[PDB]
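Down below is the structure, laid out as structure tokens.
Chain letters run A, B, ... following the sequence lines, proteins first, then strands; residues in each count from 1. As the structure lists them, so they are numbered: ligands from 1, and atoms in each ligand from 1. These values consider heavy atoms only, across backbone and side chains, with no hydrogens, waters or symmetry-generated copies. Method of determination (from the header): X-ray crystallography, 2.7 Å.
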Amino acid sequence: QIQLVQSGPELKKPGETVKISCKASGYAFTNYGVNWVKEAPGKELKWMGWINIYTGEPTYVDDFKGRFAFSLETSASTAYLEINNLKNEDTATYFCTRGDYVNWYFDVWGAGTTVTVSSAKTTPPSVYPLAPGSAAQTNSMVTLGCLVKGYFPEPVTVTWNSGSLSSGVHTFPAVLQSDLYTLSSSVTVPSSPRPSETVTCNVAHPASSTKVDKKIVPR
Amino acid sequence: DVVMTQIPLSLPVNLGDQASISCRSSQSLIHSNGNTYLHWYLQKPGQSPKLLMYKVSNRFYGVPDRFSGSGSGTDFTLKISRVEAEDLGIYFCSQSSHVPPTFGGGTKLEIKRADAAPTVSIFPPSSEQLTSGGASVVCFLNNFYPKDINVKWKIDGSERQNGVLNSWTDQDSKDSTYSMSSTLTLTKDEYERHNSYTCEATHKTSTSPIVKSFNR
Ligand SMILES: CC(=O)[C@H]1CC[C@H]2[C@@H]3CCC4=CC(=O)CC[C@]4(C)[C@H]3CC[C@]12C
């Protein structure tokens, strides 16, 4: 396929140097430019610079100019972004686009490289069991969940009864009380199944090699 | 930089319906060379933009009969004709008529459904949470439509905002309702010095609030 293929996701403590490659195969590299585009957490898909290959000169929008460094190795077809001394706010996903000289669009984009800049060290989570302040018969369903809190890094994988409870579960996105993450999940079961039959939340956080099974026990 | 602005943010649609996205611009996009560089990207879930339409009205290739576009200078509009399972995503308009090419916000093409108010559940803080110090309190507001709700956390009666970290889910592919949940955190004893903790949800489908609770 004619595609720009880019490198792995990475994790950098601030004040560091990360270098993103982007390799063009299947197309005449010299004939289009590779434009870098940024996706910040729910900020602007903002444009960074451009590297024109017939010359090897870069243009920058003013913001990233200079601290951000594009580069090239044409007999390899690969493009480069280096971010030096990355701030925390240098946490986004970075994309490279084949940009065209004729109608001026961006038509082949690569998957993106996520850079996570954080000071944190990996901690395993605290899975905590959430069972209900004895609401009754709230109609005919019970809802319990787990609060797997305080982990670094993402991801964790939550499940219940080893995967046997899926309609009903709703794991909500991971948010950041102070450097680490907090995550939680909900399973709604029929009222004759809890506490008759057991409900366990199983959470594994791979970047620490921990699995915690928490059985949801009445109160 | 040239500002590009979109309306709506979420566009609820009935699959098989008509659907129209609209986009507008700060400066004008007609160029010294009598050309308009207004292009439209679509970003499907956790993925990469794919150019759909260029220079206002021309599609890219692959792209089908269903897509279309128009307008000039300051104002442009896209339109799908029979919106389908395969068209939902964010939808970005950008301009290349200027420097720096600016991107434009987006509108997700979500699904519209008959409404639902949120099933809520207050859960007290646990043995171990307490044995570590710290006690999070959690309200799951669940399976509701539509997206806007919001959660007061009344604490005796006087309300609160330290701690309350809220999080939300995307549209439940299986039933199109949403879910959301706030976690209030209080130290084990900012916790052990109050009765009555109540998250209060306000959402369209009840003129009244919808308030679960428990007494410490
Ligand atoms: C070849 C290429 O990648 C294209 C894609 C988008 C294009 C730019 C879009 C903005 C623009 C407006 C101009 O009138 C000067 C040229 C520039 C600066 C274009 C130069 C060529 C670009 C960078």
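- Modeled at ligand 1 is a drug that PDB records call progesterone.
- In this structure, the main binding partner of progesterone (ligand 1), as named in the PDB entry, is IGG1-kappa DB3 FAB (heavy chain).
- Chains with a heavy atom under 4.0 Å from progesterone (ligand 1): A, B.
- The binding-site residues for progesterone (ligand 1) (non-hydrogen atoms, 4.0 Å) are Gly33(A), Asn35(A), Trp50(A), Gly99(A), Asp100(A), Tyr101(A), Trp104(A), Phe106(A), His31(B), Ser96(B), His98(B), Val99(B).
- What the entry calls chain B is IGG1-kappa DB3 FAB (light chain).
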